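Ampicillin (open form) bound to D-alanyl-D-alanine carboxypeptidase DacB.
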Amino acid sequence: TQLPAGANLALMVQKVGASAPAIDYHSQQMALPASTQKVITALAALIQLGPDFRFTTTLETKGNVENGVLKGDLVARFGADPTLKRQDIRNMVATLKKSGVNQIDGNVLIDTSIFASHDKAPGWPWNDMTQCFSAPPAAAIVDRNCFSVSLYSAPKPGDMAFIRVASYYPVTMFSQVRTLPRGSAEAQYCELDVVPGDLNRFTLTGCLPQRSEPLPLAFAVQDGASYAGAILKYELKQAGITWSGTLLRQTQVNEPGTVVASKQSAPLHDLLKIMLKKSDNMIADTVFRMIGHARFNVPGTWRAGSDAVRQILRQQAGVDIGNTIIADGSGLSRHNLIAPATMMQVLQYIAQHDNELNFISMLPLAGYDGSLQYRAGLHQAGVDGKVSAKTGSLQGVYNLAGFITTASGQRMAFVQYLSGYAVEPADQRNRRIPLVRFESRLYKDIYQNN
Ligand SMILES: *C(=O)[C@@H](NC(=O)[C@H](N)c1ccccc1)[C@@H]1N[C@@H](C(=O)O)C(C)(C)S1
């Protein structure tokens, strides 16, 4: 129990298939799940979409092709594939050319109709939206909608710091950054900021102290449709395909044209494995809106995703999540709220159906992979290779949800929702001892005593 001052612990530990818990500490109390939400996303995804689902992107033609000229529109139909790469667009364009299209007497349509409404879930902090871990998981993703930039201080203080960016990234960078002399009075409270604008404009503002080396930065693309469009436009031009119209967005549901090129992701089981092992927000959130699209046959939205996951858990898994709030697939949202006792029902379902789902093998294994390769507390408890669990991690939050095989060989499911492991400013970069000692004793206890 003895953690630092002010932290909030809800904890439940329960033998697989048992009706009573071994440990029950505030298990009914709802908490922020953070990335442990991905356990629920993966279960709902496997039930709704199946392990063999693949994300799809196509180039389609609407119109007849006469002497190499398409009389009509080229449609690039995006499908929320989180693994789509620039190369993939290049290869699809190569295929289009090879099929005999040299020219489009028409428009080039960037079709995102698979999804609708905002590409950002309710409850996501605005300030993180330009960080790649929170890049809007839109229908149109290329290279994870994340790009990098180099910021160089100016040789002469007072002059503008300047930005280098690879020419192939269709973004527009502006610097309003003032370079500060060493010892400037401004260093303390002058911030270095990124301000996103329309059409993938970014302005860097504020101050940068002199440095000998450039500062590397990575940012999230805010308008994936425009970004993918510019990549497509560039690849069309390089392949020698001309067009008379313009690049337009297509957002309304429409009958497919003739598929001339396509790309499918790896199978969903493989993607869910990456997601659980590495805690991939983008895979979780593209999956989440896909679940709603599939279940209700409507463009995927956050609301449809939430409704669908609740229905799938109740109807296929027998889990009534009650007053649980599910806002997204990744757990980014500060709106997500769930009790250890509700997550426990999910974990029990997974364990009972694990031979069907092949689910537990996707979770990080303590001491081997993903997020638990070295978790000090688990290592020190002597439980490496005995815990398969999903982390939920952000400032002051140390959640864990999954399974442990005990000294007697009994498998137990557990949920540790721990937050407010906040520290005073003067110790903010050190916060470890109590957690590690707590986890070491706890999982040692659970392991040895069960
Ligand atoms: C799940 O809890 C996710 N956490 C976040 O997105 C946090 N906003 C965050 C924490 C630290 C750094 C950047 C973002 C995922 N789990 C994290 C983890 O496993 O450490 C993550 C960084 C891979 S994102």
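One-based numbering along the sequence shown. These numbers come from the heavy atoms of this one structure, side chains and all, not from hydrogens, waters or symmetry mates. Remember, it's 1-based here, ligands and their atoms both numbered in the order they're listed. Looking at the header, which is where the method is noted, we find X-ray crystallography, 1.6 Å.
Within 4.0 Å of ampicillin (open form) on heavy-atom distance sit the residues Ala34, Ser35, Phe133, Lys278, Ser279, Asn281, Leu332, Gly392, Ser393. Listed by number with element, the atoms of ampicillin (open form) under 4.0 angstrom from any heavy atom of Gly392 are 2 (O).
Both criteria (UniProt substrate-binding in chain A; heavy atom under 4.0 Å from ampicillin (open form)) are met by no residue.
Considering backbone and side-chain atoms together, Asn281 places an N or O closer than 3.5 Å to an N or O of ampicillin (open form). Within the deposited model, the covalent partner of ampicillin (open form) is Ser35 OG. Counting only heavy atoms, the protein never gets under 4.0 Å from atom 22 (C) of ampicillin (open form). For atom 13 (C) of ampicillin (open form), the closest non-hydrogen atom of the protein is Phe133 CD2, 3.5 Å. For chain A, the active-site residue flagged by UniProt that comes closest to ampicillin (open form), at the heavy-atom distance given to 1 Å, is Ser35, 1 Å. Considering backbone and side-chain atoms together, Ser393 places an N or O closer than 3.5 Å to an N or O of ampicillin (open form). For atom 11 (C) of ampicillin (open form), the nearest protein heavy atom lies 4.0 Å away or farther. At the top of the distance list for atom 15 (C) of ampicillin (open form), counting protein heavy atoms only, stands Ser35 OG, 3.1 Å.
Atom 3 (C) of ampicillin (open form) lies below 4.0 Å from at least one non-hydrogen atom of the protein.
Against a heavy-atom cut-off of under 4.0 Å, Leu332 is close to the following atoms of ampicillin (open form): 6 (O). The shortest contact between atom 16 (N) of ampicillin (open form) and any protein heavy atom is with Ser279 OG, 3.3 Å.
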